[PDB]
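Here, ivermectin is shown bound to Bile acid receptor.
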Amino acid sequence: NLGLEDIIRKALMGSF
Amino acid sequence: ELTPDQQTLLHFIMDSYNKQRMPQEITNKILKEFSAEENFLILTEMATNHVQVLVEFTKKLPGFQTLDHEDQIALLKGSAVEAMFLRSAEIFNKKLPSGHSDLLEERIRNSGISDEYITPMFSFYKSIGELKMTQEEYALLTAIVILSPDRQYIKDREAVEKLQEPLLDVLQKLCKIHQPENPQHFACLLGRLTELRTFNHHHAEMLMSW
Ligand SMILES: CC[C@H](C)[C@H]1O[C@]2(CC[C@@H]1C)C[C@@H]1C[C@@H](C/C=C(\C)[C@@H](O[C@H]3C[C@H](OC)[C@@H](O[C@H]4C[C@H](OC)[C@@H](O)[C@H](C)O4)[C@H](C)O3)[C@@H](C)/C=C/C=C3\CO[C@@H]4[C@H](O)C(C)=C[C@@H](C(=O)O1)[C@]34O)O2
């Protein structure tokens, strides 16, 4: 129950 | 015939579109395929490992960080799949010896992802190949796709169009320079972004996983 948009939020800095 | 502004923008894009490699062990994927449910485990990676490149390429697009925040998210949620199909297509004809054609099919599984993913990606590649397009054309055509002001959930379309505009402007020129013989090359490049928007239904969405 994430789903994608979070992944992108992260990838925009954090998850590097 | 480009203007300073264009040649500068072009180089910047090229540069950036390039730091995504490493063509060497794209051979690990090319030949010798640990196949089947192995092959799943690799793509799932590869996919994932396409988003991080996509987002790196996007941050460095002239004006991207200056956009809203959710606009930024909605762009990328809209491009992730389109831009992967465009990557494939470059590979499927620019990399690789002489086409026909990985032809694994007697080895396609689900994901859920079956045979209606195979056929789409096929017509598309053969049609992009038919365009005999240079890398610069792959680079820009990719930024044109991310920077698309008619993605659903954008609030400031004109904020995005201001950014997309110059890049469309350059692509037009290149076309009108490298091939004046056929004055309908640019119109075909655009034409293909449409087969892209289409596949966004058969690939319902690549959310969740993996
Ligand atoms: C791709 C997932 C879905 C299933 C797609 O699969 C299929 C059909 C359905 C979808 C299209 C089939 C599948 C892959 C794609 C087509 C993919 C390509 C033609 C190429 O890859 C593209 C996309 C890839 O994206 C990750 C992208 O690399 C990402 C991550 C990289 O990390 C560093 C990053 O550098 C890069 C910039 O970005 C890459 C650059 O370029 C090509 C590389 C993939 C070939 C894949 C295969 C060739 O033989 C393999 C195997 O012998 C087999 C059995 C089937 C093939 C396959 O299964 O191919 C196979 O595994 O299409």
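Note: chain IDs run A, B, ... matching the order in which the sequence lines appear. Heads up, chain A uses the PDB entry numbers, so what you see runs 2260-2275. Per the PDB entry, chain B residues shown: 244-276, 278-454, in order. When a ligand or atom number is given, it counts from 1 through the structure's own listing order. Heavy atoms only: backbone and side chains are in, while hydrogens, waters and symmetry mates are out. Determined via X-ray crystallography, 2.9 Å.
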Task: Chains touching ivermectin at heavy-atom distance under 4.0 Å - done: B
Task: Site residues for ivermectin, heavy atoms < 4.0 Å - done: B:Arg264, B:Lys272, B:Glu276, B:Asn283, B:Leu287, B:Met290, B:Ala291, B:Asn293, B:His294, B:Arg331, B:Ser332, B:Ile335, B:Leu348, B:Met365
Open item on the list: Help me out - which UniProt domain of chain B has the most residues in contact with ivermectin?
Closed with: NR LBD
Open item on the list: Could you check the entry and tell me where chain B comes from?
Closed with: Homo sapiens
